Asker: 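Okay, here's the structure I mentioned, the one with clopidogrel.
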Amino acid sequence: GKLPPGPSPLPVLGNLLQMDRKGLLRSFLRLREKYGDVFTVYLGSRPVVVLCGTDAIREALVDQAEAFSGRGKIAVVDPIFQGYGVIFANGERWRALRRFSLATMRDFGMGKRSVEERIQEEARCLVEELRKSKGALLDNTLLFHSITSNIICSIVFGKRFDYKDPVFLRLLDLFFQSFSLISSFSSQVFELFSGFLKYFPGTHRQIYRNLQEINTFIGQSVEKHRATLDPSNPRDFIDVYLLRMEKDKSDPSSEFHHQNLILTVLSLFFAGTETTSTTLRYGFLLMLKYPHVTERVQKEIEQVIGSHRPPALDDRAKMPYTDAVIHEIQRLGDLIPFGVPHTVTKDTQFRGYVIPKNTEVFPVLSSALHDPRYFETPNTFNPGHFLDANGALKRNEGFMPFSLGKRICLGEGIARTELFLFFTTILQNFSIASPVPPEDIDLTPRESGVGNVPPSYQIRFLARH
Ligand code: HEM
Ligand SMILES: COC(=O)[C@H](c1ccccc1Cl)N1CCc2sccc2C1
């Protein structure tokens with residue numbers, strides 16, 4: 001059988017000359033033009049099948065679910081994970097860690113409170129914090145990280161850190177600093193000639209160093225956990241894992257050991273922080289470009305929720321407008337423009353092609369979220385893409401900002417609760433304003449890579465009465 005169509009590789013250099021100085025995403029989309037929806041390109045000596053549009057991705061990730069369930073690797077961070085922890089595990093280790101990982105976020109945690117209740121509490125702390133700024137213009141970057149972290153922290157490390165605590169301000173810097181270097185221009189060069197480049201200095205050193213410094217903190221918290229553990233009454237994620245360590249003393253094939261634990265907390269502690277939060281950032285940037293929409297969300301909050309009780313997650317179903325606005329921030333925000341890389345698990349017959357076992361597959365989620373076949377005028381913000389005549393919420397197949405399939409975002413339910421409660425709680429209590437007029441807000445990312453990062457912007461949060 002055949003590999004999909006695509007340009008001709010100079011070996012060692014692969015397809016360097018058919019790429020584009022813009023980035024990995026521009027490059028793939030510029031080839032989509034020539035070779036179709038499924039196609040093959042050469043990053044270094046490595047072949048990758050590339051998937052485009054709703055229909056291609058869905059065929060692969062959902063119709064050949066298991067076939068496409070394997071994970072690839074981000075060269076810039078594989079020094080750190082090396083096939084360990086939940087994001088980057090594969091086969092049995094992955095199955096095991098995902099399974100445990102779903103179960104554990106749903107139930108055991110700080111104050112034995114529900115994830116909702118916890119996100120509620122964080123939101124309550126964001127409000128009090130924001131009030132303190134008295135409407136002065138800030139940059140919302142830092143607070144937006146603080147609040148997403150503290151959720152993940154409260155789950156994994158069983159506690160939340162105070163916004164000014166310098167132990168914690170330093171984890172946030174590392175995390176933000178890395179996630180931006182991760183998706184800088186250099187780290188994409190690196191995605192191509194990792195083999196050659198991993199010798200000379202560069203941006204991957206910095207990322208490695210930064211990540212190792214988080215592992216240190218993760219490490220020294222596992223230890224406190226283990227010391228002061230209690231079998232009767234597991235505090236949180238780490239505590240539960242340790243008890244599963246004990247349950248598994250006599251299983252030689254148990255995957256619950258110190259590497260996976262450390263690197264699972266790193267994955268969670270990463271994703272938990274750096275996406276749910278840049279989404280919020282982008283979301284508020286859009287609200288500054290579209291005060292009309294913000295007034296409608298704010299009226300909808302006034303009707304369904306009112307101005308005294310805090311927002312609750314069951315309100316979402318009663319608030320389709322807001323729910324559309326959030327959908328539409330995820331779609332246009334589009335913070336993972338070409339998925340996290342997959343690999344096929346067996347030899348696979350795809351659109352009458354053979355994709356050999358272990359060949360890397362890039363589901364380009366951004367070309368689904370901007371897919372003209374499913375969204376009109378797909379580069380413009382419109383909450384209407386998710387509403388019908390009657391103002392009811394309206395599902396759309398092109399909408400997969402969390403990927404699809406067997407590898408679908410595990411955090412999805414937390415992400416969605418954080419989005420809904422954080423935007424409705426801020427918007428219930430504050431009115432927003434920037435110096436920049438709506439007509440000159442630019443939505444062009446400060447970095448477009450393996451993830452998208454919105455530009456910095458000023459914003460002010462005015463207490464409503
Ligand atoms: C709105 C914010 C988020 C977005 C847009 C998002 C999106 C994604 C995407 C696109 C993937 C790749 C799925 C794939 O290619 O198979 C993924 C994987 C993953 N995400 Fe999320 N995510 C978000 C929030 C979170 C949160 C809050 C957590 C923390 C619990 C999280 C944890 C994970 C994990 C553990 C994986 C790996 C799943 C696996 O490999 O089995 N994500 N996410
Ligand atoms: C690839 O761009 C990201 O936004 C990711 C991401 C977010 C959510 C789910 C999975 C992923 Cl990989 N992060 C956050 C977690 C980690 S671990 C090493 C690097 C990154 C960058």
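We count residues from 1, following the sequence as given. Atoms within each ligand, like the ligands themselves, are counted from 1 in listed order. Hydrogens, waters and symmetry mates play no part in the numbers below; they use all other heavy atoms, side chains included.
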Asker: Where do all copies of clopidogrel turn up in this model?
Answerer: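 Short answer: ligand 2.
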Asker: What does UniProt call the chain that holds clopidogrel with the greatest number of close contacts?
Answerer: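 The main partner is Cytochrome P450 2B4.
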Asker: Which nucleotides or residues of neighbouring chains are within 4.0 Å of clopidogrel (non-hydrogen atoms)?
Answerer: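 Heavy atoms within 4.0 Å: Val77, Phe81, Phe179, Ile182, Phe270, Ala271, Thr275, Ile336, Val340, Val450.
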Asker: Report the source organism for chain A from the entry.
Answerer: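 The PDB entry says Oryctolagus cuniculus.
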Asker: Report which residue and atom the deposited model joins to clopidogrel by a covalent bond.
Answerer: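 Covalent anchor: none.
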Asker: Using 4.0 Å as the heavy-atom cut-off, which UniProt heme-binding residues of chain A are near clopidogrel?
Answerer: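 UniProt-annotated residues with a heavy atom under 4.0 Å: none.
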